[PDB]
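The structure to be discussed contains doxorubicin.
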Amino acid sequence: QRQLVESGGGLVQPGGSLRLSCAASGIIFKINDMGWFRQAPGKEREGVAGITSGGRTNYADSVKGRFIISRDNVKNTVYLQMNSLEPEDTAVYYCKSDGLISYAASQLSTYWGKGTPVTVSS
Amino acid sequence: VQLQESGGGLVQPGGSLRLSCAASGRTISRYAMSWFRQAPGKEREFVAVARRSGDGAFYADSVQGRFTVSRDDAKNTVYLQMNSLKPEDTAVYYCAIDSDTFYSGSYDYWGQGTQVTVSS
Amino acid sequence: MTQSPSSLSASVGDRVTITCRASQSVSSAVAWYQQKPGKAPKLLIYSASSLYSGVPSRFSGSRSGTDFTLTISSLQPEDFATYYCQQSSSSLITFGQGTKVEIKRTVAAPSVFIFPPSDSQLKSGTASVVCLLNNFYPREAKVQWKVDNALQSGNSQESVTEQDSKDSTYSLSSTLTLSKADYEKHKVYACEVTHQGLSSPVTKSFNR
Amino acid sequence: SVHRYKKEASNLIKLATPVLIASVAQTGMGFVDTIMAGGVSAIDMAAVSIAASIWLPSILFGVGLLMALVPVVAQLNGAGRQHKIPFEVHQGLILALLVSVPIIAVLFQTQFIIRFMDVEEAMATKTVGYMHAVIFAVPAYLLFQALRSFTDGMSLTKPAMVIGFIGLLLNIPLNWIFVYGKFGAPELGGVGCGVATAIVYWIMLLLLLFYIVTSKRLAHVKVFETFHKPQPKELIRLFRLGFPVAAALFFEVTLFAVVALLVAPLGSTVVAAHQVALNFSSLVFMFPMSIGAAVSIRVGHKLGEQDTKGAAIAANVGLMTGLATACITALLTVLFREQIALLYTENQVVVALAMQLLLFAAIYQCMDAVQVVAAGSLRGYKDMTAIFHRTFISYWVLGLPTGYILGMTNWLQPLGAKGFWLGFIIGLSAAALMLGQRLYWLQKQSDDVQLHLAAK
Amino acid sequence: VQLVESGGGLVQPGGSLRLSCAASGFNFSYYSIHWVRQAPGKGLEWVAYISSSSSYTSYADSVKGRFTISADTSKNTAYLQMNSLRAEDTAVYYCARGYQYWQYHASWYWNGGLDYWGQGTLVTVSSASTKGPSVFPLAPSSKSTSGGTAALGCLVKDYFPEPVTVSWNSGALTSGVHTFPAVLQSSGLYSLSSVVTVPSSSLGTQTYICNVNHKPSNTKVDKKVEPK
Ligand SMILES: COc1cccc2c1C(=O)c1c(O)c3c(c(O)c1C2=O)C[C@@](O)(C(=O)CO)C[C@@H]3O[C@H]1C[C@H](N)[C@H](O)[C@H](C)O1
């Protein structure tokens with residue numbers, strides 16, 4: 001809503017490439033780890049990719065070799081590059097960020113995003 | 001507002017024919033058009049109907065398949081292609097125009113008719 | 001919105017197409033729903049091109065120009081229901097007028113029967129006269145009432161039955177209600193029916 | 001007038017600055033573990049944060065228990081005995097060895113504790129790994145604490161500073177080697193911080209043993225030459241002198257844990273500001289706890305010389321220095337209350353709530369120096385048990401109820417966490433009144449029972 | 001995943017009613033609940049939607065100010081309270097599930113839709129007490145296409161509210177029997193008809209019995225329909 005703002009989406013022909021971005025404010029973002037979750041109608045919310053504070057990529061099972069997550073720390077953004085998109089990828093993508101609220105807290109806090117629609121078809 | 005039939009006459013069994021209707025004074029774009037037949041010394045029965053564009057055409061049980069109807073709003077003319085003609089079809093064919101928008105059935109104007117006779 | 005083909009007389013194994021015209025320059029993709037005659041509606045198409053998981057591959061969506069079309073490549077005897085298109089306007093969801101498919105069949109002329117009010121109804125004080133039409137297929141028909149050649153209006157009410165599963169035909173009936181005084185004042189009651197399968201309107205009349 | 005007050009103040013600024021440096025090194029040792037595991041994941045940062053939250057209260061028990069050993073060796077060295085110090089030091093080492101066992105068992109029960117706080121399985125396994133790594137560090141830490149108690153008692157606070165600092169600067173490379181799997185060491189990951197803390201604690205213990213052996217300054221005591229055999233009579237004696245000053249250090253931490261529990265229903269943007277303010281107040285408390293330890297050493301030494309008036313003067317100059325530094329650090333909190341709240345977090349709502357709570361934290365810091373310095377002052381007088389009575393009945397009986405009454409209830413418009421902080425003020429005050437009136441009675445009692453109790 | 005509705009029944013005009021929709025099998029905080037009303041013989045219409053909280057909530061213009069929708073997340077329920085009803089609100093209400101931020105995501109290339117629905121509860125507003133039917137004959141005459149086929153009927157009038165069921169010869173006749181849907185008269189009562197195209201050879205010289213059942217009055221009305 002306010003912490004995380006997603007950007008990107010639109011009508012992508014099959015086999016096309018898209019680059020979603022997620023801008024974070026109010027988050028330290030140097031110690032918070034990020035992820036992307038799709039949710040198509042009829043199905044349930046599921047993970048697509050996730051990156052930790054050290055840049056470790058944890059792509060899903062049927063996402064390998066097609067999606068690449070990147071992250072910037074000078075400007076707080078998390079990029080998700082989608083390649084060879086197929087009509088099964090149409091969904092609303094949510095940017096999720098979990099990590100400590102401050103340097104004095106113990107339990108991590110989680111913030112979701114509004115989500116950006118992505119429709120793939122002719 | 002006049003209807004004139006054309007095409008028909010005498011034809012051999014198993015032949016092919018095409019009837020046409022000419023309409024003057026009105027536009028058939030907004031209305032539907034149907035064809036009926038009447039045998040000599042008999043009654044007038046339904047043959048076929050063609051509705052507005054995108055609504056399809058409906059045919060009677062007796063003459064299903066062998067008959068087809070098409071419209072032409074540019075020429076204000078309805079055409080009827082008849083194949084596998086039989087002597088029983090010998091009758092005067094009359095065109096009619098359903099002017100009701102909801103197709104409730106008007107047939108407010110008919111044509112003079114055209115005699116189609118089949119005999120070897 | 002504007003589902004123009006509100007009735008489709010489609011056969012079995014044929015390709016069909018219906019269109020929803022968004023009657024406003026509002027950006028919202030149309031979602032297509034299907035409702036069977038009596039139960040809850042099901043979702044067929046979302047985003048005007050996608051395919052909901054579970055529906056057959058026959059259903060397809062498209063957006064030609066500013067309208068949204070739905071197509072069915074082959075029409076199995078299962079896809080005989082009504083279809084709606086949903087759009088969004090700022091914060092209000094709008095459905096369509098509705099589109100119902102119909103089994104194509106040869107046109108049949110209805111048979112008309114007339115039933116005068118029975119003597120048992122006279123004691124109550126109100127008399128109902130009914131005329132029914134049976135075994136016709138278009139769904140359209142006109143029924144009119146004439147008492148002593150006077151055309152009544154606002155006093156009759158008509159009902160029509162759903163299509164049958166043996167010959168896919170129809171039937172309807174119209175009832176006219178009159179008090180005893182008005183019934184006794186008049187002489188002749190007639191019900192006339194006009195139809196596309198009829199060369200001329202047919203009237204059934206009776207004198208009390 | 002000054003007279004001896006300036007002389008005692010200068011001798012107290014020294015012998016207490018090294019203690020401050022040692023304490024900042026000790027806190028930085030855990031800070032580095034947290035801020036260096038955050039470069040691997042957030043799971044590994046939360047794990048080494050929860051494990052630290054469970055590790056501090058457990059080890060504080062033994063750390064407090066050895067603060068009875070501190071003024072014992074202070075008193076002997078002051079009088080001129082300096083020949084029964086080795087026996088007491090050896091017995092204290094054995095006492096640390098013994099007290100390590102219950103703490104090790106309690107930390108071994110970590111997996112059960114992290115079920116009653118809704119910790120996911122990954123964080124739980126990482127926390128358990130960290131705890132099972134630092135269990136090996138526990139005995140070395142307690143032995144180093146006893147050894148530094150010996151050196152501190154002889155008014156030598158310099159070595160523990162250096163060995164402290166060398167520890168911190170050696171945690172940076174050793175963490176890196178184990179967390180990232182360099183130089184042939186395994187890629188432990190976030191768990192590697194614990195296995196580096198264990199190594200650094202053993203290294204610090206070895207270095208402090210080396211300094212005591214050679215020294216050339218402590219060579220006169222000859223601590224590690226006789227190897228006195230254990231004696232249960234003395235071992236019990238030195239446990240009854242240290243248990244009261246460990247119960248208080250346990251109960252303070254438990255009080256703040258309970259307050260964290262009670263303020264949780266007030267929301268999630270209020271608890272964050274609460275813990276930001278509390279964490280800053282913890283370091284500002286590191287400031288006057290160093291003064292109190294030095295005052296305990298000085299009053300222990302002066303009672304050894306049988307100088308009652310000198311002991312009183314040392315206590316009073318400590319209670320004045322604590323108040324002065326408390327005022328200085330309270331004004332800097334009131335001025336830079338926004339920059340400090342922006343170092344911790346970036347949520348502006350949290351920085352506003354914590355900018356409001358860091359205004360009560362200033363009065364809190366002013367009272368939690370008259371409390372701590374006074375507690376340390378009479379601890380040199382061997383008045384351990386008194387502390388445990390007056391501190392407890394002022395903390396738990398006052399602060400927690402008046403915090404709930406002035407906070408989540410209205411039996412007095414309910415105030416938010418600014419009511420719990422007001423209860424904290426209400427408790428710390430009158431803690432600094434009971435502990436301040438016990439000292440006044442002690443400083444004016446018969447001039448003989450003071451020395452006799454000073455030997456108790 | 002499943003949705004179940006409740007409430008309905010009979011209400012006097014100007015009264016009030018409450019409908020509850022209970023959802024089981026998902027996280028109620030990730031979706032929004034919509035209410036869709038279908039009048040008898042009409043099309044689907046949208047009534048009101050609520051997200052997880054009261055921050056997001058919308059109503060149609062036709063029912064703005066009358067209805068009010070709320071949600072209880074503890075038991076996963078959505079309540080639609082209707083008050084000051086009118087005679088045109090008698091309908092069937094369906095509970096549907098959609099995306100939470102459907103307005104934010106709405107665009108020219110995206111429309112999530114409504115995935116799962118409910119059975120739907122019937123709520124009718126009426127101003128008449130429950131009454132049994134008044135069966136009446138609709139027999140043919142000597143001029144009802146006699147000699148070929150003939151039609152004979154059974155009329156039902158002035159019943160409320162349960163569907164009056166009909167049968168012929170206690171279920172022994174089903175060839176060519178039509179039962180038209182109920183028609184709501186101007187008086188508030190319902191009318192219905194049944195017809196059979198039985199052969200016209202003295203109607204087979206067999207007695208024809210029209211049996212009528214109305215559950216609230218538990219009346220097995222029996223009418224021997226005979227040629228006048
Ligand atoms: C002389 O006693 C000590 C000697 C050596 C180390 C220690 C202490 C000590 O007392 C101590 C603490 O009292 C506290 C803590 C602590 O680490 C120590 C030592 O390490 C941690 C604490 O701040 C937290 O809950 C946050 O982690 C709670 C508590 O501080 C409470 C009470 C304090 N009086 C102070 O007011 C602080 C702001 O909150």
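Each chain gets a letter, A, B and so on, in the order the sequences are listed, and its residues count up from 1. Determined by electron microscopy, 3.1 Å, according to the entry header. Both counts, for ligands and for their atoms, begin at 1 and track the order of listing.
In this structure, every copy of doxorubicin sits at ligand 1.
Counting heavy-atom pairs under 4.5 Å, the chain with the most contacts to doxorubicin is listed in the PDB entry as Multidrug resistance protein NorM. Other chains with one or more heavy atoms under 4.0 Å from any atom of doxorubicin: D. Organism for chain D, as given in the entry: Vibrio cholerae. Other-chain residues and nucleotides with a heavy atom under 4.0 Å from doxorubicin are D:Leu56, D:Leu60, D:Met67, D:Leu249, D:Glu252, D:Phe256, D:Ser281, D:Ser282, D:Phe285, D:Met289, D:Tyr364, D:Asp368.
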